[PDB]
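Worksheet: one structure, shown below.
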Amino acid sequence: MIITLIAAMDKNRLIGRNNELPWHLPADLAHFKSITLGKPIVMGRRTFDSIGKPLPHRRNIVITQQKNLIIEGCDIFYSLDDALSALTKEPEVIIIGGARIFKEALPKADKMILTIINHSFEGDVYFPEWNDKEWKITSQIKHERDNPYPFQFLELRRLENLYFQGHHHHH
Ligand SMILES: NC(=O)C1=CN([C@@H]2O[C@H](COP(=O)(O)OP(=O)(O)OC[C@H]3O[C@@H](n4cnc5c(N)ncnc54)[C@H](OP(=O)(O)O)[C@@H]3O)[C@@H](O)[C@H]2O)C=CC1
Ligand SMILES: COc1cc(Cc2cnc(N)nc2N)cc(OC)c1OC
């Protein structure tokens, strides 16, 4: 199973304000949808509440501690680990937020697909700081504003150590 975090953030890693997105960025919404269709998506309960309904054409998984919580059109699990355990056969599970889920998922994540907006918004929740020594950039695409803020799509893949790593060429 590949664990992938997808998130949109500003230059300070801000992702949210009052349980809403701090911006409207159509390019990001198109990107997110095209990436997530036909994959299982995992979100925390507040993010589901923010979205307000299941995202169509995808398996919506919601994490909550509330044992008797019912959400039509979503699968409920009582921990991220329980969800990941149930999805063992999936080639890729996409974690879609929010801040609490991202923080918990990051130590298990293999991949990150990040939209980074070149602007500073006002807000209350952030994407977790990742260790730049642990991850390599596999794709970076910068976009000028039109989408009224400039933005980039940055893809990262988790590494494996210079001391122990294999090498591409040998004499
Ligand atoms: N910019 C972006 O890409 C994104 C932004 N957002 C933003 O993030 C914010 C929401 O994030 P946040 O408030 O952190 O909430 P989350 O979306 O991470 O949901 C938190 C809730 O999820 C449940 N939960 C999380 N982890 C566990 C666990 N390990 N075991 C059991 N239950 C768990 C709990 O539900 P319960 O209370 O029911 O027990 C908890 O209150 C919003 O502002 C939203 O707009 C969200 C996604 C992406
Ligand atoms: C498709 O609509 C929404 C999607 C998301 C999650 C999300 C959106 N974009 C990116 N790049 N990563 C994510 N995890 C979060 C939302 O609100 C918190 C949405 O409602 C506007």
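Chain A residue numbers are taken from the PDB entry; in order, the displayed residues are 1-146, 149-173. In each ligand, atom 1 is the first atom listed, and ligand 1 is the first ligand listed. As a basis for the values below, the full set of heavy atoms in this structure was taken, side chains included, without hydrogen atoms, waters or symmetry mates.
- According to the PDB, the drug at ligand 2 is trimethoprim.
- Per the PDB entry, the macromolecule in most contact with trimethoprim is Dihydrofolate reductase.
- The residues lying within 4.0 Å of trimethoprim, counted on heavy atoms, are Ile6, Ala7, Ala8, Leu21, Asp28, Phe32, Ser50, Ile51, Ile96, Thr115.
- Close contacts of trimethoprim with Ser50, meaning ligand atoms under 4.0 Å from a residue heavy atom, involve 17 (O), 18 (C).
- Within the listing of trimethoprim, atoms 6 (C), 13 (C), 14 (N) sit less than 4.0 angstrom from a heavy atom of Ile96.
- This entry records no covalent bond between trimethoprim and any chain.
- Summary of contacts: the protein heavy atom closest to atom 5 (C) of trimethoprim is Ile51 CD1, 4.3 Å.
- For trimethoprim, the polar-atom distance check against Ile95 finds no nitrogen or oxygen pair separated by under 3.5 Å.
- In this structure, the protein non-hydrogen atom closest to atom 2 (O) of trimethoprim is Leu29 CD2, 4.1 Å.
- In terms of protein heavy atoms, atom 9 (N) of trimethoprim is closest to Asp28 OD2, 2.9 Å.
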For trimethoprim, list every N/O pair with the protein closer than 3.5 Å, one pair per line with the distance.
| residue | atom | partner | partner atom | Å |
| --- | --- | --- | --- | --- |
| trimethoprim | 9 (N) | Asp28 | OD2 | 2.9 |
| trimethoprim | 11 (N) | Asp28 | OD1 | 2.9 |
| trimethoprim | 12 (N) | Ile6 | O | 3.4 |
| trimethoprim | 12 (N) | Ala7 | N | 3.4 |
| trimethoprim | 14 (N) | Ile6 | O | 2.8 |
| trimethoprim | 14 (N) | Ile96 | O | 2.7 |

